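Below: one structure, written as structure tokens.
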Amino acid sequence: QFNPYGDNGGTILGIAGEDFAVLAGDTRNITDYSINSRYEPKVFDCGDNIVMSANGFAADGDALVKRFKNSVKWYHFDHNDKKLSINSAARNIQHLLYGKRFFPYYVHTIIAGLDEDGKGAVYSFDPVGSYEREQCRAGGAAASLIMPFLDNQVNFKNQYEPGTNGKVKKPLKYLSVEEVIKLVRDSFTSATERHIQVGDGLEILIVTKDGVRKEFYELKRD
Amino acid sequence: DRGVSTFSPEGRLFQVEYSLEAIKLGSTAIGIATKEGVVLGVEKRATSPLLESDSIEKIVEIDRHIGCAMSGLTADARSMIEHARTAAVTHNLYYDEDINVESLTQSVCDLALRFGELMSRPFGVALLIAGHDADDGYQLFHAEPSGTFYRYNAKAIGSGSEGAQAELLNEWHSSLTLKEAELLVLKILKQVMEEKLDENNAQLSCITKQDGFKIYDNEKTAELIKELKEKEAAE
Amino acid sequence: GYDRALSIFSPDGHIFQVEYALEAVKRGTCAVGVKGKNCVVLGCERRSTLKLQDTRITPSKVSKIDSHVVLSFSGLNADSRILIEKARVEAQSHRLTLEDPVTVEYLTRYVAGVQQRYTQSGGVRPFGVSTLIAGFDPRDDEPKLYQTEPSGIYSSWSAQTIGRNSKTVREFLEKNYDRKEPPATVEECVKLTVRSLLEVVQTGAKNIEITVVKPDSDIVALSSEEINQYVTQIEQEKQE
Amino acid sequence: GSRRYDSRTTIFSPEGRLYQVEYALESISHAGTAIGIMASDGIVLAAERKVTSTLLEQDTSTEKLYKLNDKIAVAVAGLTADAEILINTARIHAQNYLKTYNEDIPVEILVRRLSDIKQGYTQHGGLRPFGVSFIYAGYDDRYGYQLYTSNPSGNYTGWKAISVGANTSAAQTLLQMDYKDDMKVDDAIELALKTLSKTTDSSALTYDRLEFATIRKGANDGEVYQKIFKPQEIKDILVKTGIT
Amino acid sequence: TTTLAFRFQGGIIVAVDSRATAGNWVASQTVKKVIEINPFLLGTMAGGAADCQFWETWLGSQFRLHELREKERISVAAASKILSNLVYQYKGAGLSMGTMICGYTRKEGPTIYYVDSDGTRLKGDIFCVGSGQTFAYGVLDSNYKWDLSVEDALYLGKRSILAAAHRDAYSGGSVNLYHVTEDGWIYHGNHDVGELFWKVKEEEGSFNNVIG
Amino acid sequence: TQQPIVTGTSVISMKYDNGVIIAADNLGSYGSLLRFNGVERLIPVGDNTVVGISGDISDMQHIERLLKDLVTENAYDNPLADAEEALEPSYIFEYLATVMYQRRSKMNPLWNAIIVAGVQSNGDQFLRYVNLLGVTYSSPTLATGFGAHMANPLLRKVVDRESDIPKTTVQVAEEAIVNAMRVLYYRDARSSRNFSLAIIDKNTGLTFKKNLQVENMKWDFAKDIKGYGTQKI
Amino acid sequence: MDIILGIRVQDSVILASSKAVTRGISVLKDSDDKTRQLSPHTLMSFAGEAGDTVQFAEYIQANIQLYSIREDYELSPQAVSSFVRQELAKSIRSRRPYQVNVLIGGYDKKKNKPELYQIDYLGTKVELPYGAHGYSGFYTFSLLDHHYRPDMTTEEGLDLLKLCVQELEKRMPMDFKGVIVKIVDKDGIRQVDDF
Amino acid sequence: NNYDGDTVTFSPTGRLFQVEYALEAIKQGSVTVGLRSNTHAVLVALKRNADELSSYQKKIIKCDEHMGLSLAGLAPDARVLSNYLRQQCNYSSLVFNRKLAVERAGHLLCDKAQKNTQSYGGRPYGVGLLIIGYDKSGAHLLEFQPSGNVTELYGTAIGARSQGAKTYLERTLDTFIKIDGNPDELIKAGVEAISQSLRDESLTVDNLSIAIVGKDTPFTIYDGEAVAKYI
Amino acid sequence: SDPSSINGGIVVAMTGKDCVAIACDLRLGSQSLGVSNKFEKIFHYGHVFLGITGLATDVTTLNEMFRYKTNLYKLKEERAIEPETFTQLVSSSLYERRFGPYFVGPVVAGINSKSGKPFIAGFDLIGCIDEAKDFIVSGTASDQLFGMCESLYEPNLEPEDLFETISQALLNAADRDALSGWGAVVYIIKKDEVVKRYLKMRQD
Ligand SMILES: *[B]([O])([O])[C]([C][C]([C])[C])[N]C(=O)[C]([C]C1=[C][C]=[C][C]=[C]1)[N]C(=O)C1=[C]N=[C][C]=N1
Ligand SMILES: [Mg+2]
């Protein structure tokens with residue numbers, strides 16, 4: 001019997017800052033126990049200061065990104081070159097996903113950018129289209145390894161202030177772009193160590209009012 | 001006989017040009033756009049005194065930020081309004097936002113030329129579509145059965161249109177207030193109407209960013225009519 | 001399928017097929033509607049060219065769309081059955097989905113929408129029928145009376161007439177009907193309706209039908225003798 | 001293209017009439033006269049065959065009277081071929097109703113259905129209307145004995161006595177004169193034949209130029225019988241009533 | 001999931017948890033399981049996250065179209081039946097939904113309909129839906145009265161979700177409260193269970209089983 | 001849904017300083033039966049692209065016809081068909097990739113793994129993979145089936161990352177490919193000694209080599225191997 | 001849903017139907033009315049798969065109410081039952097069949113006789129003096145076989161119905177939260193509020 | 001006369017009158033100009049208003065990052081045809097990862113307009129289009145007629161009084177073709193060309209509409225104070 | 001699960017001297033639960049008799065269908081349908097549902113009105129005609145009926161004797177089947193009279 005789904009591995013991570021947003025992902029692509037590519041880009045600039053990644057089955061992932069990029073193009077045609085806001089892009093992606101409810105895109109989608117007040121934004125989707133705005137989200141194979149670390153080091157969960165002993169929580173001070181990139185790099189280094197499908201390279205896309213910048217870092221190739 | 005989608009020797013579609021003549025027979029409708037809002041007004045024109053005039057619905061809501069006035073074969077407008085409301089709500093569902101006034105107008109105009117031997121004939125009604133959005137602010141459009149739409153600072157359609165348009169030519173400036181625009185619609189409607197203008201045979205409406213689209217009460221319009229009479233008698 | 005555009009514009013901006021459908025209404029027997037303070041009455045003309053008729057089984061002019069709404073008409077009889085059927089189906093559909101019966105305005109809007117659709121659809125002609133739709137909204141005591149016509153336009157009326165010699169009976173109603181004080185009782189409302197028909201009918205025997213509709217699905221059709229008593233009282237007052 | 005050749009069968013005249021319906025009615029006025037008379041204890045159906053021949057096999061012939069079911073029958077006036085299309089449709093509708101509700105179809109419901117089909121041909125489809133007028137004679141337990149008529153317009157009405165086809169004006173006057181409400185079947189038989197005998201365009205009314213039928217409760221106890229008269233039985237009733 | 005809603009003197013109380021799971025993995029603790037359909041209508045979410053979100057968001061578009069067409073607020077009965085009729089068309093295809101449609105109108109009064117992807121549509125005074133529904137029912141049924149103050153009713157709803165959050169492994173995160181009245185719904189905050197549990201334990205003298 | 005019947009094994013490929021190399025053996029297997037010994041599985045498109053196909057052979061022949069038809073269609077109303085508007089490797093790949101994903105989405109896949117090798121207009125090396133699932137990826141070395149497990153390791157020792165491409169000559173690259181084909185013949189039970197090789201260089205163009213054989217094989221050490229453990233004779 | 005009963009006496013038809021609605025492990029409601037009025041003198045109770053039951057009942061209700069308006073006439077219980085059977089007999093060979101069993105209790109105003117029809121989801125119709133769907137009949141038919149008399153009064157019918165419900169409450173494992181009882185006679189349909 | 005009732009009828013001299021009547025609609029439309037060099041291609045369009053209160057009808061439509069057109073005639077018909085181009089440009093990008101050639105775009109428009117001239121019931125398109133674009137063979141300018149005829153040109157103009165601008169370009173042919181790597185000077189030549197078609201009215205800030213595409217220049221449209229520089 | 005044995009029931013038919021007989025039980029059940037004891041399985045259209053066993057919803061549906069078809073036949077033909085012709089009509093009607101069949105076991109019985117010749121026939125669920133001289137059997141106790149008929153039957157039995165033979169065949173076959181019984185009916189059919197007799201039998 002033919003099986004229309006496959007698993008290309010990989011892992012992605014989105015973090016929203018005060019006036020910026022990042023969307024990261026490793027560059028490794030796999031089937032079973034073989035490496036297909038050590039550098040296959042997974043996070044994409046889709047225009048309108050929006051970055052996107054659809055992690056899981058790469059065929060469905062590429063198809064979806066392709067169709068959303070297309071949606072942005074037609075949004076400009078149909079509505080007088082209006083900028084597609086991050087919240088509008090999110091709702092549009094829900095309908096793309098649910099459109100194939102009974103034969104789903106087998107992916108975990110994440111988009112990142114800035115909202116209409118200029119503040120950082122990250123949205124997260126399941127395969128059949130449910131979505132929610134979040135301050136922090138990891139997706140894909142090593143999502144279970146990374147999320148707990150982010151609950152602790154981004155939202156200061158289970159952390160309190162010395163001397164008070166559990167009475168006063170640690171205050172939720174904001175994180176700079178340099179501070180976030182440090183947490184992203186450590187998250188992927190740690191994930192690479194304990195997950196076989198994560199490695200080779202790390203590509204981060206940073207989004208600010210000025211535009212979309214890229215940074216690349218080597219990861220362990222074993 | 002002859003085709004429904006036939007061109008005339010001058011390069012115009014016979015049926016479209018004929019539908020425009022039906023619109024000239026319709027009751028007057030006026031729209032004025034300002035920096036403080038857009039005003040829409042119509043002539044009700046009841047055929048008999050026994051006809052309950054408040055049931056005459058020639059000003060209609062499309063969304064909270066878009067209103068619409070009609071003139072001509074008003075029965076034809078019902079399916080156009082239904083499409084407009086569906087388009088407005090559908091876009092909000094797909095994109096989690098209000099739809100641009102121009103994009104709504106364009107969607108309505110796409111129906112216009114879907115006729116042949118689809119529907120059997122063009123629409124016999126013209127629409128004034130007024131609204132607001134964050135990109136282009138307060139806007140007023142004129143949608144025809146040809147499929148063409150023009151934006152306007154001010155516009156009049158119906159039987160007293162060319163007389164009203166000439167009046168709007170002189171009166172409109174870029175610093176008009178909303179109160180000034182309301183009175184200006186009432187003034188011009190009173191000028192072109194057969195019967196004497198009152199709160200029962202004429203209807204006002206506006207669209208603002210704050211309050212959205214509102215059809216005016218008969219008590220509210222009556223005061224604006226009384227305010228008009230006094231200021232004309234003042235000089 | 002037959003796709004021919006039968007309803008089309010003319011150089012002077014008229015759709016003749018829709019206008020000729022109104023001429024079929026002009027030919028039809030007269031129908032009248034009058035709403036009082038707590039009731040609505042529908043009067044209808046029966047042409048007496050047809051005797052040896054079986055009045056038990058002959059299709060009546062006033063039709064119940066639901067238990068609280070009625071519909072009378074003027075024009076082609078066969079065409080009216082199609083509108084009545086569609087209306088009756090939509091009434092049950094509304095109850096099924098919204099869990100509430102139709103408002104008189106909604107039912108009218110539906111029937112008017114059907115009529116309009118037949119003015120710009122291929123291969124079909126317009127309905128040669130104008131209707132009077134009357135009743136009371138659910139849990140509401142305010143009377144409702146609406147009119148429709150082939151073009152598809154509709155509106156509410158304090159009182160209205162359609163059909164042959166409707167110009168005359170509308171003239172009568174315009175001077176006799178006061179808005180500030182409408183017919184307070186059932187008697188007064190029926191009397192005014194019979195009076196208006198007597199301006200046109202001929203004989204007051206089996207030529208006048210009357211149907212009274214009251215709030216909360218209270219609909220009844222008057223008999224020959226009951227109507228004949230109204231006919232008797234009107235003329236005896238007139239002899240003065 | 002094809003528009004050039006379209007007659008446009010479903011349009012209004014400037015006076016608000018349907019051309020094709022009016023012209024179809026003109027066709028029907030030349031057809032053989034058919035009469036229906038309703039009595040307290042039954043219904044009569046009488047009809048005149050059109051200029052026959054001596055070489056026409058009469059005992060196996062049927063052009064006027066048709067059976068829709070055991071309770072309902074029709075008299076035809078117009079194009080026989082058109083009528084048979086409708087008759088078979090009506091026979092099917094009656095069987096659909098019986099299968100659905102397990103009860104015989106009420107007369108009016110069957111009449112309304114056929115009449116609605118005729119209406120459709122006047123409003124849409126671009127086809128010519130059926131050139132047929134029916135007299136329905138039937139019985140059900142709601143309204144009892146009933147007489148209806150339908151015409152190409154799709155309009156139908158109920159009657160105590162009625163005629164269709166040729167010379168209806170003359171025929172209807174004669175029926176209006178002699179008909180009374182307390183009348184019986186045997187009397188109604190005589191009235192139907194006497195009316196045809198006076199309105200006929202033929203020199204004399206004979207057994208070979210007629211079709212006759214009765215719907216009686218004259219069946220053993222509470223039930224209804226249809227009788228389509230045989231040639232010899234029409235000959236006998238002509239002698240009995242004193243026409244030959 | 002644990003979601004509840006109940007009628008009382010001061011209108012309707014709606015309370016939900018925040019947890020979403022994929023197997024044993026906790027996918028999200030910050031899920032918005034109450035949908036703001038309009039200023040007068042709320043919908044609860046249980047079962048499939050996507051099915052519930054998509055169709056309850058869609059649901060608001062149908063209602064908005066109703067009041068545009070009819071110039072009148074849609075009834076809770078008509079509202080719930082639009083959803084139930086829709087899912088009935090998809091019956092068999094594998095939709096997974098357990099929902100309450102809650103609102104208040106002049107003609108109906110405070111009304112709650114349970115709507116279900118099997119097609120089940122039920123009017124009622126009290127409903128609890130989700131994997132932790134049984135836990136919430138215990139607290140509600142023993143403490144429910146018609147004559148409750150808005151303050152006391154809000155707490156009962158909050159406490160019932162807390163009960164289920166504790167025991168049910170697939171419920172937790174935080175509690176979202178809503179109060180539905182004559183003049184619409186009113187949001188009553190996000191309450192983290194990590195802080196709410198210890199607060200309730202201390203003040204109420206409950207959960208003596210657990211050590212603190 | 002189907003099952004593959006007549007099948008083709010590994011296709012291997014890599015990049016080098018001025019272009020790309022690709023290779024595949026000439027066998028069409030029918031299960032364990034090595035049925036057809038003269039099957040060409042590298043199919044050139046123009047003078048700048050070579051498409052290597054593995055998997056079901058009937059589906060390969062269908063794809064071959066689609067490509068043949070693609071060249072014909074591109075020439076229609078195209079005065080620059082042999083110049084600026086000629087078919088690029090990137091165009092040919094994206095077309096196939098579209099078809100493969102569409103067919104998997106109708107639950108009726110083309111049972112293949114495909115590698116499109118070529119050189120673009122601007123001289124850039126093109127090498128990308130696509131299969132029955134519509135999955136796509138690019139890498140300095142690409143291989144299908146058994147090649148993925150055995151060839152890639154060897155080829156990655158020559159070009160391990162992007163920066164190793166300019167440092168790799170055509171002679172070094174062809175040597176690595178030919179060696180990999182020998183290793184596959186040692187170790188793949190559905191491979192043959194005969195194979196085809198294709199080079200696409202930005203300077204010297206397309207070179208297509210047929211009827212190549214695996215040579216310089218080591219077997220002499222077999223004579224010393226006796227029994228399965230304890231046996232001495 | 002679970003238990004639905006019916007009994008035809010001298011001058012009326014009595015239908016009894018459980019109040020519980022159980023979805024899985026919990027009883028979501030204990031006051032559910034598993035019946036719809038098809039016409040003034042015809043009542044239909046129902047039980048089967050969730051959703052399908054109400055959807056089917058209201059669909060039938062709408063169709064009969066449409067007939068009533070069109071003809072200004074109430075169909076006989078026999079005619080309504082035949083319509084319902086055909087809809088189910090059509091349904092059983094559909095893509096997704098209606099999984100619903102019904103009892104139709106009506107008073108025929110023409111014959112002045114009460115009538116009870118039992119129809120299952122396959123479209124299997126039978127006229128009976130007393131009937132039941134599901135596991136209900138396994139307990140109740142033995143009692144009715146003993147006590148029923150055709151000429152029982154309505155009060156005697158209710159007592160015999162109480163004896164049936166008592167037995168069900170004793171021997172059935174599922175708590176069905178009692179029954180809603182409705183009487184159908186010459187004067188129409190009414191509900192017994194205390195049972 | 002007797003042979004102009006529909007599009008399915010030739011006249012005795014072999015003419016299609018319905019197509020010719022559609023061609024007339026273009027002549028009634030407002031003037032628009034198109035010209036190109038080797039590096040850039042430019043569209044200049046005179047927009048028309050209903051009155052002083054009204055806006056000026058838009059004339060230029062974008063089809064892709066590298067292609068677009070200007071219209072003259074029935075605006076809705078231009079919307080239908082430009083929508084078709086958008087789809088075809090898009091099909092080429094999604095399927096073949098290939099920017100659609102301007103010449104092949106003209107071929108597709110030609111074949112779409114043709115079907116409407118040979119079948120009963122339908123009608124010809126009532127609009128003329130000027131398509132500009134930059135593809136793998138450099139800058140291009142096309143002229144579309146609803147008869148189906150499409151023509152590649154260095155420069156051209158369509159609409160009312162378009163003959164004046166067409167003559168100017170015919171003189172300036174040798175000059176403006178050489179304007180390489182200078183967008184502003186190529187627009188100046190386009191603005192000076194359309195000026196030869198003006199009578200009574202002149203080019204104001206909300207009257208003029210310009211669009212450009214080139215080597216390192218995506219298809220962009222200029223309106224309002226952005227064209228005050230060229231007045 | 002098996003559609004042909006959910007409800008249960010039997011039908012048997014026989015020929016005699018210038019006569020035919022057809023008989024059936026009265027049970028309708030839901031597997032083990034006995035629901036009705038008044039479910040007759042023999043219907044007639046004019047002088048042609050049809051007995052149907054199997055799934056009860058189909059028994060009812062087919063009866064209504066053959067009433068529909070025989071009524072239209074009579075209106076067009078102007079005569080009652082004969083047993084030979086009706087047999088062909090049943091076969092046609094069943095085979096048109098070849099791959100979605102009615103789960104039934106029909107049995108035709110009657111005397112041809114012109115020739116006077118006695119006629120019986122049986123069918124499978126999809127149309128195949130069994131036209132026996134002696135007897136036909138159908139239902140959940142068909143095996144039992146085959147055994148009874150094969151031993152009790154002799155040719156050229158007089159009407160009143162044929163009644164005893166067919167009655168004893170049905171009764172004793174039904175008493176060896178769990179899903180048959182609960183009453184029984186026997187039709188004796190002569191050229192112009194038909195007698196219907198209800199049999200007293202054990203009610204378990
Ligand atoms: B609740 O448990 O029903 C919850 C409500 C939902 C709206 C967030 N559902 C889930 O958590 C389901 C799994 C499930 C658990 C228990 C019962 C039924 C279903 N999870 C999801 O739908 C889901 C969605 N996206 C990511 C992960 N999980
Ligand atoms: Mg690793």
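Naming: A, B, ... by sequence-line order, numbering from 1 per chain. Per the header: X-ray crystallography, 2.9 Å. Excerpt of entry shown; contacts counted in excerpt. Atoms within each ligand, like the ligands themselves, are counted from 1 in listed order.
PDB records name the drug found at ligand 1 as bortezomib (bound form).
In this structure, the main binding partner of bortezomib (bound form), as named in UniProt, is Proteasome subunit beta type-5. Other chains near bortezomib (bound form) (heavy atoms under 4.0 Å), by letter: A, E. The active-site residue of chain E per UniProt that lies nearest to bortezomib (bound form), with minimum heavy-atom distance rounded to 1 Å, is E:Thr1, 1 Å.
We find a covalent bond linking bortezomib (bound form) to E:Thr1 OG1. Contacts under 4.0 Å between bortezomib (bound form) and other ligands or ions: none. Per the PDB, the name on chain A reads Proteasome subunit beta type-6. Restricting to residues UniProt lists as binding bortezomib in chain E, the heavy-atom distances under 4.0 Å from bortezomib (bound form) involve E:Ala49. The deposit credits the origin of chain E to Saccharomyces cerevisiae.
Applying a cut-off of 4.0 Å to heavy atoms, one finds the binding site of bortezomib (bound form) to be A:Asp126, E:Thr1, E:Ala20, E:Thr21, E:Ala27, E:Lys33, E:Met45, E:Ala46, E:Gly47, E:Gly48, E:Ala49, E:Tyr170.
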